[PDB]
**Q** 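EXP3174 + Succinyl-CoA:glutarate CoA-transferase, experimental structure. Questions below.
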Amino acid sequence: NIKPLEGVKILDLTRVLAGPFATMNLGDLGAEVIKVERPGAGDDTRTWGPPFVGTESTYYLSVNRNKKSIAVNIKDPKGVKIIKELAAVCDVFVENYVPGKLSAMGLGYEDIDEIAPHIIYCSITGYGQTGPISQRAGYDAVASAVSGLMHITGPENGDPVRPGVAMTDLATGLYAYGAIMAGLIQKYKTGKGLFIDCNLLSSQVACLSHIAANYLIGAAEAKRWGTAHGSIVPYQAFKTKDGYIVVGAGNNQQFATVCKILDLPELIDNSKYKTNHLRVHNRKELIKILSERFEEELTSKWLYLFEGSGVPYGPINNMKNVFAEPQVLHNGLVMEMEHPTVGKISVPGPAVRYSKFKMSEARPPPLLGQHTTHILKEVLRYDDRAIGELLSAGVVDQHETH
Amino acid sequence: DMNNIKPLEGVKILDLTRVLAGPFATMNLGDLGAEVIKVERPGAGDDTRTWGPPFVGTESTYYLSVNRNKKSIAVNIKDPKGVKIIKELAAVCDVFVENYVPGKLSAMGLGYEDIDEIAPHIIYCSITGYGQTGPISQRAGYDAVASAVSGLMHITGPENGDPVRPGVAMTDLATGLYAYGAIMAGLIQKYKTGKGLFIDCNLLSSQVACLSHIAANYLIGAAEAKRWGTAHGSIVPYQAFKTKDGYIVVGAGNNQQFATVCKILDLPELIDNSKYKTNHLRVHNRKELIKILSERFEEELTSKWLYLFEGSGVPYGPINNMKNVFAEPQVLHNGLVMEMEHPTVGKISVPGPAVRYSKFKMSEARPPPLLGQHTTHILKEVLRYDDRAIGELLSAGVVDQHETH
Ligand SMILES: CCCCc1nc(Cl)c(C(=O)O)n1Cc1ccc(-c2ccccc2-c2nnn[nH]2)cc1
Ligand SMILES: [N+]
């Protein structure tokens, strides 16, 4: 009934994806997310379209549910005053500007910690708070290139490729969303806050893990394999009559299973393919033989023949197949929300499910400045007199829809 | 140590995970100070122990990369006495993590229902391929399969080419990060309720959620997605460009940045070109523009372009290999090369923690444990077994103790 983060206020100055994705997941867990946006423009994702639904872009809608919106010009001293007043009654402070940018505006950790020594201050940057290239802005495609992910992603004999989605941004967001709750836990015993440094470079290098460990320990360089792997064969995507199927065999018994299903038992006892080490050594000839067979049948036929095989196998699905998959719908991944002016909209739902509470009901993504007046009056106790003055000056903006 | 108090100190994690997703989650919790008790099969242990070469002594680099800051107890959970040991551990542990097919541990007497009965406080987190229930929930989880079924592979690869998978198991790692955050959400919730709960993380749910805007385009606009190689559908130019000896990523997020790039490339005539004057026009005329830019990028070395782009203020970066990654001073500056002293294998280096906190240090880590290295210590220190009961369990084969303690 009650979510674990209920009663936790998050002062959210994040933009784009990495930061907003972190605060969206905390909003799913019950946190009161107060999104601070530029009057007029707002979060950059608001203008990235088409596709557009009414006035809201699908980019913005996808990662900003379960948030409230206050449009405040934080470059204005009156806006800085509002941010500091909000931080004093908030538990978490999140931003993803270049290091020192918020500090130059009077909203750095030193400034905020002075008036909110309890606060958890989390900064999401491209390369960290300090260092030779720490002043560069963070970008997923740039980080995945510098961190080594792109070099190991792509066709074996082709150009490097990027993940279809900004996995480096999302991974960093997941690091931060966990780190913020670790800060809260630490705060619960000590009563004081701390500063958290998340960045795209650190997140992606850490995710290299064993691949990077192979070099740091064995001086082994990594390479691109397309859909295959360097140390285990066969294990890749195979072109079928109408699509692709991923199939793998991690040992001689799985390899026998695959060959029998493919009606190629003669390969099991062939001297070239009897062990995994030999299959890797003879991978080009083996994959060619297997690929010729895979392409003769439809994907649906191969999926039926592999039922109960006990080997890793799965079809390569497009968006149409993904959301026709009964398992996808079963997991609640099609989250529907009622937008006040745009109507019913559907986005990918929460990835984690808990037994003691439900997250299937989410507040729709806020309109720009939708909750400006509500926050100033209810959260900061501003009177109608002061709010009208800030509105008249343009320091804050209130959407027509409340 | 005295002043370096980590947030999760005093939290015990009963860790039955294997492979990558689960172990990655519990390793990050160990970095934060949690006491991770890794439960392993006697003799074999975690599957990754045998995944080699590369090998360092007897330990595989795969296993070492994601098992620091853990202790190892080798116990046979198929033995009724072993089930007893696991239940006794759960009673004094805060978290229980497993990544078996749904229902497997339940058939062994170690399901959530069984554990919650004797440990109503426990945070029970199961990491599966597709979730605890559903038509295909009984299939084992694999990163390559999940990325195929989830749609990531379909949208990853060269434009007009075959699908590709991420170089590393990002679906497993994303799921691991989801779980490592979810577990701490459970801990926080326990502060209020005093009770535990069950957590369902799976590869399919994690990856579909990461589709975000791409999925919304279909769910809302019925629009199908495509592969773009390294470029993007809504912003041009922004992709990887082949240089004379490698690749460099360069982008222009607005007309002013596009002018900056053109001047650096000695192509000022493009700034006022009717086909490329705005981003909307550059996207529409992307094919011809990229060819013109690609022709120039290929004439100079990556080192030359990096020098010419200094201070440009536009998004740019080289495509680094492992050698370039760990020669980059920024990477070393962030402490990402974590060195550890293994008791039998010696000094080893792995990627360090990604997050840095101002109130504590995580640069000093316990090396990944040897199989059953801490069996006796855990039984005596954590469960209060005496020397005779422990000796009987060793003689009976219920548990195993490594030569190194
Ligand atoms: C010159 C760079 C132009 C823009 C920009 N400014 C920065 Cl900063 C970044 C960065 O964070 O990389 N970007 C690129 C970028 C743009 C959009 C998104 C995004 C937003 C919401 C929902 C999903 C996604 C997404 N899902 N999959 N891919 N995108 C994410 C990243
Ligand atoms: N971002």
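Order of the sequence lines fixes the chain letters, A, B, ..., with proteins taken first and strands second; residue numbering starts at 1 for each chain. Read the numbers this way: they start at 1 and go in the same order the structure lists the ligands and their atoms. The analysis underlying the following values was restricted to heavy atoms, covering all of them including side chains, and did not include hydrogens, waters or symmetry mates.
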**Q** Which parts of the structure correspond to EXP3174, copies included?
**A** ligand 1
**Q** Using a heavy-atom cut-off of 4.0 Å, which other chains touch EXP3174?
**A** A, B
**Q** I'm curious which residues sit within 4.0 Å of EXP3174, going by heavy atoms - can you tell me?
**A**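 Residues with a heavy atom in range: A/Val16, A/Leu17, A/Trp48, A/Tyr59, A/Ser62, A/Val63, A/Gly138, A/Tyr139, A/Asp140, A/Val165, A/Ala166, A/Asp169, B/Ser212, B/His213, B/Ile235, B/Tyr238, B/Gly253, B/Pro315.
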**Q** Tell me the protein heavy atom at minimum distance from atom 28 (N) of EXP3174, and give that distance in Å.
**A**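 Heavy-atom neighbour on the protein nearest atom 28 (N) of EXP3174: A/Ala166 N, 3.5 Å.
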**Q** Among all protein heavy atoms, pick the one closest to atom 15 (C) of EXP3174 and tell me residue, atom and distance.
**A**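 Of every protein heavy atom, A/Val16 CG1, 4.2 Å lies nearest to atom 15 (C) of EXP3174.
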**Q** What organism is given for chain A in the entry?
**A**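 The deposit names Homo sapiens.
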**Q** Atom 14 (C) of EXP3174: which protein heavy atom is closest, and how many Å away?
**A** B/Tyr238 CE2, 4.5 Å
**Q** In terms of residue, atom name and distance, what is the protein heavy atom nearest to atom 29 (N) of EXP3174?
**A** B/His213 CE1, 3.6 Å
**Q** Any nitrogen or oxygen of A/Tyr59, main chain or side chain, under 3.5 Å from a nitrogen or oxygen of EXP3174?
**A** no
**Q** Quick check on contacts: which atoms of EXP3174 are under 4.0 angstrom from a heavy atom of A/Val165?
**A** 27 (N)
**Q** Quick check on contacts: which atoms of EXP3174 are under 4.0 angstrom from a heavy atom of B/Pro315?
**A**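 Close to B/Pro315: 1 (C).
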**Q** Report the nearest protein non-hydrogen atom to atom 7 (C) of EXP3174: residue, atom name, distance rounded to 0.1 Å.
**A**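 Ranking protein heavy atoms by distance from atom 7 (C) of EXP3174, first comes A/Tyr139 CD2, 3.5 Å.
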**Q** Checking a contact table here: which protein heavy atom is nearest atom 12 (O) of EXP3174, and how many Å away?
**A** A/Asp140 N, 2.7 Å
**Q** Suppose I only count heavy atoms of A/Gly138 and a 4.0 Å limit; which atoms of EXP3174 are within that range?
**A** 8 (Cl)
**Q** Could you say whether the N/O atoms of A/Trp48 and EXP3174 ever approach to under 3.5 Å?
**A** no
**Q** Which EXP3174 atoms, with their elements, are less than 4.0 angstrom from a heavy-atom of A/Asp169?
**A** 10 (C), 11 (O), 12 (O), 31 (C)
**Q** Which UniProt active-site position in chain A is nearest to EXP3174, and what heavy-atom distance, to 1 Å, separates the two?
**A**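 Nearest UniProt active-site residue to EXP3174, heavy atoms: A/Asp169, 3 Å.
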**Q** Within a distance under 4.0 Å of any heavy atom of A/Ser62, pick out the atoms of EXP3174 and give their elements.
**A**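 Listed by number with element, the hits are 22 (C).
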**Q** Find all atoms of EXP3174 within a distance of less than 4.0 Å from any non-hydrogen atom belonging to B/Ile235, and give their numbers and elements.
**A**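 Numbered from 1, EXP3174 contributes 3 (C).
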**Q** Note down any other ligand or ion with an atom under 4.0 Å from EXP3174.
**A** ligand 2 (ammonium ion)
**Q** Please identify which atoms of EXP3174 are closer than 4.0 Å to at least one heavy atom of B/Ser212.
**A**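 Going through EXP3174 atom by atom, the ones under 4.0 Å from B/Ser212 are 23 (C), 26 (N).
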